[PDB]
K.L.:
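Sharing a structure: lumateperone in complex with 5-hydroxytryptamine receptor 2A.
All residue numbers in this chain count up from 1 along the given sequence. Every heavy atom of this structure was used, including side-chain atoms; hydrogens, water molecules and symmetry mates were not. Just follow the structure's listing: the first ligand is 1, and inside any ligand the first atom is 1.
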Amino acid sequence: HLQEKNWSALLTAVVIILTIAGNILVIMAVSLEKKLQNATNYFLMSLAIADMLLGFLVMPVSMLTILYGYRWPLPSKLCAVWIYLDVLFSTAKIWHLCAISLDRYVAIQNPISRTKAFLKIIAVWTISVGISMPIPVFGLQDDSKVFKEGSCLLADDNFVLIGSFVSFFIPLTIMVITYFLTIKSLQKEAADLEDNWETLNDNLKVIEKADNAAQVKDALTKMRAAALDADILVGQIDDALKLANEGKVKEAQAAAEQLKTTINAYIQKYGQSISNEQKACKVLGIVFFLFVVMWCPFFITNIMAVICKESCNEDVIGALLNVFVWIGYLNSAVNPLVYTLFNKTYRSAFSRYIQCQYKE
Ligand SMILES: CN1CCN2c3c(cccc31)[C@@H]1CN(CCCC(=O)c3ccc(F)cc3)CC[C@@H]12
Ligand SMILES: CC(C)CCC[C@@H](C)[C@H]1CC[C@H]2[C@@H]3CC=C4C[C@@H](O)CC[C@]4(C)[C@H]3CC[C@]12C
Ligand SMILES: CC(C)CCC[C@@H](C)[C@H]1CC[C@H]2[C@@H]3CC=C4C[C@@H](O)CC[C@]4(C)[C@H]3CC[C@]12C
Ligand SMILES: CCCCCCCC/C=C\CCCCCCCC(=O)OC[C@H](O)CO
Ligand SMILES: CCCCCCCC/C=C\CCCCCCCC(=O)OC[C@H](O)CO
Ligand SMILES: [Mg+2]
């Protein structure tokens, strides 16, 4: 049933090549660059493996169906295995994004490891293997579940409805909530730090203008409390407090000037740590946004088709969905570009590997 009228097959092969190339560069950058050895970038590498296996195993079979007028050319029991691999890789992807969002949030609230990251990644893959499992279990026993007019697709309306809910809308919702609370957490952490900075800076000025021990002691006690809210400084403040208690006003004032170097060092370090987390959250927010928006047409159209079953042209719906599948496959090529545009470490690593300089 081969059709030679397929300029679409040129555009799909581009999407396969951008997907495989981009994701190998992500996989090599997390493998080789120490500056990317962290839990977030381990999940982004697992995401890249899911994208790479879509480009090798799922996307070329999808191109093969376009060439034969969406008439399944492979043996008939490979249809349910193809859909299984297709739904598993993308389900693993949305639970990866949702695992990154939740991990970052929990990491702020619990301020206190490769193995912990690999436990979570492996848990996300097992969760996606088990939830996607009804597709081959029922679809290999009943062709009517994975075939409509000799097209291979998920043909049971109930798998599409229940599947979209448990594998798209629920983890999207968890992703959206945990991302929003992460942005509020980080704004509050930046805000509490600035408040602590004002209290420390103002008290240092009081100690500087002090003529009496009581003023220095009151200011240093207030400084100690602020330091606890944000240690090495707390001990240094206690030494300055001891001088003030024994009436050594001048000596305590000098010790307070010594505190300034410790205060400035910590403030700048914790303050540039928080703006690193905020920038990281923004890039993840582009990844998150582009994964949902690119898959939204396919899911919403497919839910509209179930709702207006009798009333709507299923031939036009099936044509649009075929297009909409490829907007979703194009997302497999976007994550590496996003990292090039907004992460210098990824841009630098990609630049060397393309030049085949694999040495650190
Ligand atoms: C008309 N028609 C075209 C062919 N196509 C098709 C399917 C079902 C019904 C109708 C179909 C199949 C779906 N496949 C994409 C699955 C996306 C997914 O599982 C997922 C999970 C979680 C996510 F967060 C985001 C995406 C593309 C290939 C098949
Ligand atoms: C079952 C198939 C489909 C996917 C299974 C996922 C496995 C193979 C993947 C997902 C995430 C991956 C890890 C992600 C991070 C790192 C650290 C890096 O410096 C070297 C590779 C290493 C150690 C990877 C090893 C393999 C890994 C655990
Ligand atoms: C929400 C955004 C991001 C994209 C989603 C697009 C969805 C909601 C819209 C866009 C165009 C729409 C289609 C336009 C016209 C027709 C022809 C009619 O006989 C059957 C329904 C059908 C096929 C519509 C179904 C819903 C549809 C697919
Ligand atoms: C095939 C075998 C694997 C499948 C089953 C594996 C399940 C492991 C789940 C979690 C590990 C991570 C927990 C350890 C990390 C400590 C930090 C912490 O507080 O995490 C708790 C949670 O993230 C906030 O509620
Ligand atoms: C005796 C045989 C009866 C067989 C059962 C018939 C009725 C059960 C309905 C749904 C099953 C579970 C579906 C949810 C999980 C599988 C689908 C999935 O993961 O999602 C697909 C994808 O997300 C969508 O585009
Ligand atoms: Mg003030």
K.L.:
Quick one: which ligands or chains go with lumateperone?
P.N.:
ligand 1
K.L.:
Which residues, given by chain and number, make up the 4.0 Å heavy-atom shell around lumateperone?
P.N.:
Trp82, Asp86, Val87, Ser90, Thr91, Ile94, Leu153, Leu154, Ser167, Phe168, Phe291, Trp295, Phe298, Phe299, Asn302, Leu321, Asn322, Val325, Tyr329
K.L.:
Name the UniProt serotonin-binding residues of chain A with any heavy atom within 4.0 Å of lumateperone.
P.N.:
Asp86, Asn302
K.L.:
Using a strict 4.0 Å cut-off to heavy atoms of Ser167, name the atoms of lumateperone that fall inside it.
P.N.:
22 (C), 23 (C), 24 (F)
K.L.:
What are the atoms of lumateperone, with element, lying closer than 4.0 Å to any heavy atom of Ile94?
P.N.:
24 (F)
K.L.:
Would you mind listing which atoms of lumateperone come within a distance below 4.0 Å of any non-hydrogen atom of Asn302?
P.N.:
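Answer, ordered by atom number: 9 (C), 10 (C).
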K.L.:
What atoms of lumateperone come closer than 4.0 angstrom to any heavy atom of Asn322?
P.N.:
3 (C)
K.L.:
Quick one: UniProt TM segments of chain A, counted from the N terminus, with any heavy atom closer than 4.0 Å to lumateperone?
P.N.:
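Segments 3, 5, 6, 7, UniProt numbering, each with a heavy atom under 4.0 Å.
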